[PDB]
Colleague: 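Below are the structure tokens for one structure; questions will follow.
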Amino acid sequence: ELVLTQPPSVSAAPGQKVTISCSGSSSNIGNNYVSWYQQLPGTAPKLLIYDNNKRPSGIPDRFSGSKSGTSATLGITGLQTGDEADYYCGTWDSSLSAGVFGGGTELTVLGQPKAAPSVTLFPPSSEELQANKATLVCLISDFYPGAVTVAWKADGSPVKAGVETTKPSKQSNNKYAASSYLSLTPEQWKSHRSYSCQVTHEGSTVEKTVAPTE
Amino acid sequence: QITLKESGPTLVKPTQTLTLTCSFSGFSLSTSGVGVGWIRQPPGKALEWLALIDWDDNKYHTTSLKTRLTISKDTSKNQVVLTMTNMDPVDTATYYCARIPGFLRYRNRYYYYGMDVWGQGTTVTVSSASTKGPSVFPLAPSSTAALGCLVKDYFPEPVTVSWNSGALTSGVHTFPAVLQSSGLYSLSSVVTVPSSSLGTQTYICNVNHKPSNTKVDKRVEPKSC
Amino acid sequence: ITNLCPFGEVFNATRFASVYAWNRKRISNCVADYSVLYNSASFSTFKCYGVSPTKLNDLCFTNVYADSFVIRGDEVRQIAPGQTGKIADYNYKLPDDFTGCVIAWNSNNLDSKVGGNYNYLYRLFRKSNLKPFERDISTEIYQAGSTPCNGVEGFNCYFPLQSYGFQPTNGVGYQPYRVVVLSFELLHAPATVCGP
Ligand SMILES: *[C@@H]1O[C@H](CO[C@@H]2O[C@@H](C)[C@@H](O)[C@@H](O)[C@@H]2O)[C@@H](O[C@@H]2O[C@H](CO)[C@@H](O[C@H]3O[C@H](CO[C@H]4O[C@H](CO)[C@@H](O)[C@H](O)[C@@H]4O)[C@@H](O)[C@H](O)[C@@H]3O)[C@H](O)[C@H]2NC(C)=O)[C@H](O)[C@H]1NC(C)=O
Ligand code: NI
Ligand code: NI
């Protein structure tokens with residue numbers, strides 16, 4: 001498991017202030033120096049802070065760091081859209097005799113109003129059933145911010161065995177889309193009475209259902 | 001400035017050994033307190049510290065991986081070499097090296113700056129799968145309406161998907177691939193259309209898989225049910 | 001002077017010092033049988049300066065000092081006079097006119113440890129080089145960079161001592177070596193230590 005704990009996500013509006021926290025033990029943060037890293041999508045990480053609160057050359061005053069006890073905090077003020085990235089804490093762990101990274105925090109800069117998702121649940125195609133395969137495809141489109149949770153159920157029972165889900169990606173209209181798949185055998189697809197794809201977004205849960213009875 | 005570059009295989013078979021080399025410029029591993037570290041990052045997951053080699057030839061490793069990791073350096077060549085044995089598909093990640101400008105140890109106390117300069121990173125995939133072209137199935141419109149096609153069971157990445165040989169661009173979005181437990185990739189591409197054009201306009205998704213020299217076309221039509 | 005010289009309390013000591021804080025033992029009024037040491041193949045290094053190792057027993061000296069410590073294998077060559085390097089500059093320095101013996105042997109079965117022995121230290125940073133036979137055991141923070149340290153450890157603000165890290169399966173060059181430096185006194189005063 002992870003010996004450093006970060007919140008999975010954090011969000012604010014442009015110009016506002018956001019803080020990302022990082023908790024550990026005395027074996028790491030409590031007795032060693034904390035460094036912070038920024039990772040824009042598709043590129044290598046980049047050092048933001050070292051020695052708890054110092055900035056390397058090229059990092060503006062907008063980023064600051066602090067450490068108290070066994071917790072560290074990264075503060076980002078005056079948010080710009082270009083600050084959207086994953087942020088990590090790092091340090092040395094004296095017990096493991098090795099370095100450790102936190103789970104990372106995904107920062108979302110809210111420069112667009114909330115948009116509910118459009119959910120479509122496709123049953124297995126006729127050709128796929130003839131090919132002795134079956135795949136439910138739950139597509140999710142036109143939502144903001146890019147954060148959704150997907151759950152599958154067979155006759156009301158939670159399904160996780162054949163579930164694969166993509167991380168949300170930007171659409172051409174700057175909203176976000178995601179997809180999830182449930183791989184079944186034709187027997188399993190015919191055995192259960194109906195299947196559901198439930199999508200949660202900003203507290204609101206919507207769902208679409210399909211049935212082999214049709 | 002400091003510049004590091006990783007190099008090595010981009011596809012290894014399961015149980016084989018991965019050998020990565022880090023070539024760097026702008027600093028020396030003969031300097032007191034300087035080390036070179038390794039990090040990896042599976043697709044869509046956190047950074048995972050791997051190993052560090054020290055100017056005085058001290059070596060540190062992630063505990064859960066120590067029996068699989070070997071690290072060495074050649075100061076004259078400005079190179080560090082990391083080998084990881086018994087590679088598993090879960091070891092599929094992007095592997096980085098980085099400079100540690102300050103790393104010192106006094107008995108139980110440490111100073112560890114962190115990693116101030118990271119390499120570009122090289123992506124290593126561990127898979128026993130052989131090259132296979134995809135199967136393409138239509139996602140018939142439910143009845144605005146949504147339609148698409150499912151690109152299934154192909155290896156390796158990538159596939160390119162267009163609609164009507166590039167004629168259809170508006171309302172088209174193609175998703176990133178998923179890796180199934182079988183070791184084969186799947187992908188979807190969806191088009192948002194007005195529900196009044198279902199019986200009028202036609203939609204053909206063209207799937208192109210360069211590694212297997214496979215080019216397949218599928219017509220997406222509304223089901224009669 | 002009938003009692004033999006207690007070289008056993010030097011070479012067979014239970015604990016040896018870190019090189020930065022080398023231990024010095026006074027040797028006087030004894031019979032110094034140097035023949036058994038030179039004969040023993042258990043020593044990796046037996047260099048003499050100013051004297052002949054085979055003529056060591058035929059000699060008398062004003063006094064004998066024995067310096068002991070533990071260093072890395074590839075650092076034994078730095079104990080010799082006129083040398084440079086992190087040990088010769090920052091930890092233990094022999095003068096150019098040194099007169100005595102340098103004796104060392106491999107202690108990997110005593111000073112290594114599974115997972116690494118990190119207890120032995122050497123001085124990694126110092127403002128200037130050491131005077132011959134000078135001993136520096138201070139622990140003040142070393143300013144490596146340009147920013148003042150104010151005694152606070154940080155980047156380029158370093159504790160001056162570094163651990164060795166002796167692994168049982170290190171190469172011989174990185175294995176621990178115990179070193180005994182016998183310094184012979186060149187004074188014109190009456191002698192104190194003589195061989196048989
Ligand atoms: C420093 O200590 C070493 C180690 O021995 C230690 O000290 C002696 C006095 C004993 O108390 C041991 O129990 C300690 O561990 C000294 O080296 C040792 O010197 C001994 C003579 O003083 C010598 O004894 C015999 O050596 C020859 C035969 O040994 C054979 O058999 C033994 C097994 O008993 C075996 O280890 C060895 O390899 C041989 O095959 C022979 O000359 C005589 O029979 C003699 O009695 C020890 O072998 C030798 N080494 C060991 C490991 O005991 C050393 O003299 C001390 N030096 C100083 C300056 O004090
Ligand atoms: Ni069931
Ligand atoms: Ni190693």
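A, B, ... follow the sequence lines: proteins, then strands. Residue 1 opens every chain. Only heavy atoms go into these numbers, but all of them, side chains included; no hydrogens, no water, no symmetry mates.
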Colleague: Report the drug at chains A and B; options are CT-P59, SAR650984, MEDI-493, RG7155.
Modeller: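 The one found there is CT-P59.
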Colleague: For CT-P59, which chain wins on contact count (greatest number of heavy-atom pairs under 4.5 Å), named per UniProt?
Modeller: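 The chief chain, as UniProt names it, is Spike protein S1.
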Colleague: Most of the contacts with CT-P59 on chain C come from which UniProt domain?
Modeller: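 Chiefly UniProt domain BetaCoV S1-CTD.
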Colleague: Count heavy-atom pairs under 4.5 Å between chain C and each chain of CT-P59, and state the chain with the most.
Modeller: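 The chain having the most heavy-atom pairs is chain B.
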Colleague: Just wondering, which residues of chain C come within 4.5 Å of CT-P59 when you only look at heavy atoms?
Modeller: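 With heavy atoms only, it comes to C:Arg72, C:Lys86, C:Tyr118, C:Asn119, C:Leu121, C:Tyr122, C:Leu124, C:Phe125, C:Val152, C:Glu153, C:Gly154, C:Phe155, C:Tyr158, C:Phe159, C:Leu161, C:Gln162, C:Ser163, C:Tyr164, C:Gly165, C:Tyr174.
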Colleague: What is the paratope of antibody CT-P59 towards chain C when heavy-atom contacts must be under 4.5 Å?
Modeller: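 By heavy-atom distance, those are A:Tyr33, A:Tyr50, A:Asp51, B:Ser32, B:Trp55, B:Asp56, B:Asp57, B:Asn58, B:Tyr60, B:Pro101, B:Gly102, B:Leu104, B:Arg105, B:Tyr106, B:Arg107, B:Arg109, B:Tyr111, B:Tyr113.
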